**Q** 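As an example, take this structure containing actinomycin D.
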Amino acid sequence: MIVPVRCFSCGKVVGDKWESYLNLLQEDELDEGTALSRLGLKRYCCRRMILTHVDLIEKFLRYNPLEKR
Amino acid sequence: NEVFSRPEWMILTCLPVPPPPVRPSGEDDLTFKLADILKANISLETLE
Amino acid sequence: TXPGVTXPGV
Amino acid sequence: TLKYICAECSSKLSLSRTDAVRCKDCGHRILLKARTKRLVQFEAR
Amino acid sequence: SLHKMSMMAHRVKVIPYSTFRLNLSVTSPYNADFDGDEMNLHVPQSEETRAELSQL
Amino acid sequence: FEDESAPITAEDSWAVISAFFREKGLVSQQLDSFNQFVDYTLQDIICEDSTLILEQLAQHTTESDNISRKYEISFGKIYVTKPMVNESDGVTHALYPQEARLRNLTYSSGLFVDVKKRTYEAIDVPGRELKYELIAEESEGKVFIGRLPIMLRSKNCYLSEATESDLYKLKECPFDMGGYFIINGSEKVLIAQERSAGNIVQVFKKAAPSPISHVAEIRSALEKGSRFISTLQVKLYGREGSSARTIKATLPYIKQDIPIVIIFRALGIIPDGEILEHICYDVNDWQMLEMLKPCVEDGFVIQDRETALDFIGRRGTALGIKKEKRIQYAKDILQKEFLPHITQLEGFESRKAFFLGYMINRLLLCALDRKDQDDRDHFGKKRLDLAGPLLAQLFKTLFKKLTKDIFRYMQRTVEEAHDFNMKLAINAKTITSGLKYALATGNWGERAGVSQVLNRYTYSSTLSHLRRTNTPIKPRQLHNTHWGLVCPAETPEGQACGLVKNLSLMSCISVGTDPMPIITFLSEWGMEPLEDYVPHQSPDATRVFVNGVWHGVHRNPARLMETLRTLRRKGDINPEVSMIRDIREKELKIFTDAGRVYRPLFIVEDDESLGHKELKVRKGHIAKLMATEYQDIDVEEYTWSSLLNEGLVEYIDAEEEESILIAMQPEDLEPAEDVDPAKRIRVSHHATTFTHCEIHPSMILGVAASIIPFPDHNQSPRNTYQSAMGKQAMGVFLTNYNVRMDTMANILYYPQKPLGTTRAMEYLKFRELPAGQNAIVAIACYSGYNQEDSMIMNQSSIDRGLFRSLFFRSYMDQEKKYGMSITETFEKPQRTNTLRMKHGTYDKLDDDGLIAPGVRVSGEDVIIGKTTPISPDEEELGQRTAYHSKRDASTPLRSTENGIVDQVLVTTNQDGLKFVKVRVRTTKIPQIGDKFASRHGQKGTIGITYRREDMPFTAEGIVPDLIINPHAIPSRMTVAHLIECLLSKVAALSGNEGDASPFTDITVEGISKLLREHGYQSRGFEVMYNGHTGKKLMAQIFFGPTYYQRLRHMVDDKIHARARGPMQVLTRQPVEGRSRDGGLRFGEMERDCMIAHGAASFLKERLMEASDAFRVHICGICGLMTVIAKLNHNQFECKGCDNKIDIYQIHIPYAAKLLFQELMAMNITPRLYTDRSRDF
Amino acid sequence: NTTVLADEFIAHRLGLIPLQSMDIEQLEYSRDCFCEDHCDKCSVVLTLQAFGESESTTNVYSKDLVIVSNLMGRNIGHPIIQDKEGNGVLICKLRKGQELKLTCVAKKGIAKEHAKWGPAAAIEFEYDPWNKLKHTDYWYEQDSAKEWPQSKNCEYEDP
Amino acid sequence: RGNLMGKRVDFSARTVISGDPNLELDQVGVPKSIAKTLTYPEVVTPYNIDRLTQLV
DNA sequence: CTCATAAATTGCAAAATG
RNA sequence: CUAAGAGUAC
DNA sequence: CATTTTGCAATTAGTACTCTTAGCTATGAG
Ligand SMILES: [Mg+2]
Ligand SMILES: [Zn+2]
Ligand SMILES: [Zn+2]
Ligand SMILES: [Zn+2]
Ligand SMILES: [Zn+2]
């Protein structure tokens, strides 16, 4: 849905490393592993936390809001 | 048996009617069947 | 018989 | 009266008991009740 | 409950969670795993049934 | 690449698959069948018959009015509109699916038909033939005959041409695939019903005791006719030891099994030689002639066609025809009831005689041990009725009903000479209600379970449901013909095992085409007409069958098959048409009807340039497909239809799949002939005669089994368990779940795409809508709390958001008009003037009777306040006055459940009465008892939860999210679980994604080497430390990420206890089910176990005190319960016996009292006596 | 809350936000405090107020969390920022016109009561890298020394 | 067979089962809710007046 | 305008004859 | 409330 | 005195959960 704040196993705060990850993947044309290493995710728990996340919220944000002010 | 079951009692002439406890109520299916039986009995009686 | 338990017979 | 929202317009309306449920702006027939004003408590866990 | 051993008198130990808890050995007579199995609990309502349940 | 015509690799074929799924989609069969039904089959149903003629004779007492009239009603073209809804105010407007679902409407489009009322008159002169002429009143005028429900995304649906932005605008999920109906706001899907194919001759060996040894039958049916089934059977009486073997046929509407020779002479074939030629094709085949001699020796009594027809008419069961006209009647039986699929006209007696001879030939070939009996389970012998044919036959019956009603009304109004009107004639309610009922309830009539509530628990669950096939009832066995058409391992574990199947990923169902063009092609290309076919002069002739109708013979079937293949490969013939050439039997079979299940395959040609067999698809077509896909993600577009049009790919069904050879993979089977020991052993088959190529073997799996990582590294029952268990997996079923008011929804907080992912799961949008999470699993006998499939879930991992979920539940409530002015009203019931107010608190309702979103609700709390008017001015119960004119009809929350009210939706139903849907959202956090399972059938509950410190930890401080017992691995042999854990570890470390497709060249050795390159033990073991003492574990623990699903089976929805509560009204026993606070069953064998334990008093307590103890009175004179008791007055009296002191009371179950009462009501006296009249 | 995320979903995300706790010993547990629900001596009140006034998605981070209660000079309450961009944890996203107003009471807590209070993350712990104490029996196929990679700590002890 | 040989009974519970190596063979773990629902009638006796009074 | 009716077990008594 | 049906757990 | 022959339906693992639909349709007459 949206990037989890903390890695489930260890607890490293990885909710602030999603937009940086996407910018690395897009602007710097880095592959996934090098970007994960760059962000500081050395344990494969955090690496699977950030690597396999699916950003469903974009989909949810396409629909017009039910309550619009 | 002389007392409990004679052969002539195998032919029905007075049908027992179970109470509504047996057929609680829209009505139960036994209620409708008894209604149909009574309707047929009244039809035959009037024709006679 | 019946069926079940034709007839008899048939 | 109590507030509702058009399912399409997202417009807010106030409806009484005798009012027929429609959106005054667009005429859609689906309305959703508004969020309550009383505070709600969530445990952040 | 294919046999008498699949229905046995146990002693209640109250626990603070939402599942029946039984020893691993006593699963063999019941043919019970823990992959979603459900089990039934009957409580006697008299001293006589309680007593013969505990003693037989 | 550089070479345009170079051969493709195994990776290239995926591009092809992509192109396929760009054009078809996952539910293409549903939409295709419904589009066929709307576009062509409705008009066929309307035009066939439906011309009501009523010929009112003159009935002229005097010659003044000697005029005979004839009123005829004809139905012309049928117009189907876009879906629209009526209203209480009568305003009709366009209806969208995410309005029908919310308003409990039906996404139905009105049907109209052009009615032409003609009237003819004739002069009624006796003797002179009547000549009817028009009166120039040729009035014609569309009329509304009902509403056809429209399946979503179909060609007549508003979402057919919607783009992604348009779908988002209309509150429609782009991931939603359609192919289902909306009936009363519920998504209903039509399960593909499996049946035996029509117009196919099947021969079966019978048992020894039966006098018939072999039975040859056809379930004949014509599609463009009455669609009535006549089961012609040809049976071979007499066993092998019997010398009198007479073959007898079972004609419809015939009381006896007429011998075949009688039928042959009746059709017009008198001489014995002609009959035997029509049945047997070889003069040297003296065995068949010897077996057939009893038939001709039996029929020698008849030597004339009129004699045989008279014999049949004598055996005719109508018994209402004179002797001279029996012939004619027999003709009718032999023209319109005998093999309708051939023809319904006259002058084709030779064709039906040929078909009868062919059936007898098949029966003899099966009886002469020259061929095996037909397999009943062969999937090419089965047809799947999709939404198309099912709705077609249902609408056929329903429109027959409507037109019969029209004729009855016309006859009534012409006999009574009242005015005639079209509106007063047509009853649109007939068609509308019939369709709506047959779709709302599974029963398909006026079969069961044809229409089912669409499963929306998970996206893969929805897909598998939309591609589900049901077989009415050794059909349970996975047949060989199921290869690539249904999933090899996807079927329920229970009584439905094998009967319920799921389609393969690329498998499609034909929709049916008109077979006239193929007949024209055959006739042009030299098909010898069947009328002048003399087998003696053309012995080595190949018989051509079209849809089971033997149409002729050909002398050069090779060229005919080649040109038919070319025409199908160039698009001239619809590719769904299946063509089969059985060389040994010398038969050619063409099938074009609907229901056939086929799959696509690459085409392999001789390719003289390379000198060896090669795929017809090369790198140029792959490059064009890649270019088209990239353009979608300027060049000429290249889609799957382009491959189908230039002969690049083909559609082959199980009928054609019998006469082909398929290469499993191109890179290893096409080219003509130090190896890696870690790779699995494969064979070359030492043969080069391939005709087609599998696009990919991983396409044999279904939607649910395409999620399994390394399914070829698992025991097959585990794959079946995972296929049936991923439909229970929890994920995101649709992206627009926030705007759907479904009954139950469960959503993962953080669905993660698998680290070990398959190539076939990015066509299922699994990576877009994942249904599980990657949990760090350790396989260890850690604490003994994970024994016997229990698991130890990391409590600290749960706290941080693992498998946490949202749960939405919606309560629907309408106001119904009890009368003209007895309308219900949603309101807050007041204790002053309301009756039967539930014990739950009403304090959470405001004036309009609905809880505003945000307010917490607990168990039994009222969320919907509804009251209905009643008759006032009654006094009883102590506090009932005339003021209590409102009876409570509220709907409280579930007793066990609770949560935050998400939303409430108010709208107007079809009648215009306001109704509401209250959706309540709560959080399901995993706890001790929830069921979790890997993608390999490793189901299990949470035995216990340990915090992070207590879990074993590696040298890097990583603690597992899950601990599973080692003992689940050896017995269950889920090696794929281990391999996917290793692959997920490698993928998470290296940042790539694990390619866990089934039949790839991925080895455990390669994964281990990659893991060793990353600084870890190659086999996934990690030195771990005990969390209680920190000491190293003497054994190293298998450790790594693994994909787990949270299943719908939580302990919170299964715990259930009942000391006392509501009882059953009939038997005075506890009610059934936890939803009613019911009582648990103390079944028969539980009683038997308590008997074996010897505890009699406990058994009596179970069956009397705990369930039903009823004190009933009897008398010692007659043991019946006819004792009137007045307990307060202390008077017992059995009428008839004239006794008042000879009474006893007994304690028997109320069920026993009711049984005795039903026995007495059925003239049986169970007299109960309290003393022994006999010794033991 | 007019967003697409559930209320308790956002509450869950907020609970996982790390907060500065340098002087947490100066705070008191709310359970053994004399106030009714929460006071200044035992809690920190934050308020997240966001609006979707931009035509593109607007990201509600943890940097927008503003402390309401007067911290009385302590060094608690502040969300911890680590990245170079300066925006904290991505709490939520807003389409145009969406609004999200909420308030948070923050107590002191240990990782036992809930893992969201865990300040520890992963703690590497190792002893005797050369297995001289024989506290492990190394699983192996051909040779335990070769198949088991030497730890980085093996350089700090004599083989 | 549906109401006499086997019938639905009160004073019974049913739920999921989990293993517990720290329970005796004859012991069964009972959830606190199920214990709070299923009940036993204990006759008031001079020997159990105090504890049943405290339970009341 | 609204209520009333259209697999595998079993368990044989005939009917015919020479 | 009853009945029918469908899916599902072991 | 000795065979002999024939036609088919009812009853057949336990519990346990959830949800969906429907309850004589249309026509006459007071
Ligand atoms: Mg089990
Ligand atoms: Zn981590
Ligand atoms: Zn509006
Ligand atoms: Zn008496
Ligand atoms: Zn305080």
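Protein chains get the first letters and strands the later ones, always in sequence-line order, with residue 1 at the start of each. When the header is checked for method, it gives electron microscopy, 2.9 Å. The entry is not shown in full; contacts are counted within the portion that is. Modified residues go in as parent or X - their extra atoms don't get counted. Quick note: numbers below take in every heavy atom, side chains included, and nothing from hydrogens, waters or symmetry partners.
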**Q** Report the positions of actinomycin D in this structure by ligand number or chain letter.
**A** chain C
**Q** Hey, which chain has the most contacts with actinomycin D here? Just the name the PDB entry gives it.
**A** TS(template strand)
**Q** Which chains, by letter, have non-hydrogen atoms under 4.5 Å from some atom of actinomycin D?
**A** I, K
**Q** What molecule name appears for DNA chain I in the entry?
**A** NTS(non-template strand)
